[PDB]
Amino acid sequence: XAXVXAXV
Amino acid sequence: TXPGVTXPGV
DNA sequence: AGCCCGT
DNA sequence: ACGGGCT
Ligand SMILES: *C(=O)c1cnc2ccccc2n1
Ligand SMILES: *C(=O)c1cnc2ccccc2n1
Ligand SMILES: [Cl-]
Ligand SMILES: [Cl-]
Ligand SMILES: [K+]
Ligand SMILES: [Zn+2]
Ligand SMILES: [Zn+2]
Ligand SMILES: [Zn+2]
Ligand SMILES: [Zn+2]
Ligand SMILES: [Zn+2]
């Protein structure tokens, strides 16, 4: 749930 | 990093 | 060549 | 159940 590379 | 040496991240 | 996350 | 972004 973070988006630092994926954003789920 | 940076750019350079994005971020992290983005 | 250069890093690292939270619901 | 998840991989991104220029100097
Ligand atoms: C977002 O909070 C979060 C936390 N853990 C994960 C594990 C695997 C895929 C996505 C995730 N997202
Ligand atoms: C996003 O593309 C990405 C890839 N690897 C990671 C490792 C650890 C924390 C965050 C990350 N994000
Ligand atoms: Cl060298
Ligand atoms: Cl990974
Ligand atoms: K080198
Ligand atoms: Zn390169
Ligand atoms: Zn790692
Ligand atoms: Zn975690
Ligand atoms: Zn991964
Ligand atoms: Zn990548």
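Sequence lines set the chain letters: A, B, ... in the order given, protein chains first and strands last, and positions in each chain run from 1. Throughout, non-standard residues carry their parent amino acid's letter or an X, and their further atoms are not counted in contacts. Only heavy atoms go into these numbers, but all of them, side chains included; no hydrogens, no water, no symmetry mates.
The compound at chain B is the drug or drug candidate actinomycin D. Other chains in heavy-atom contact with actinomycin D below 4.5 Å, by letter: A, C, D.
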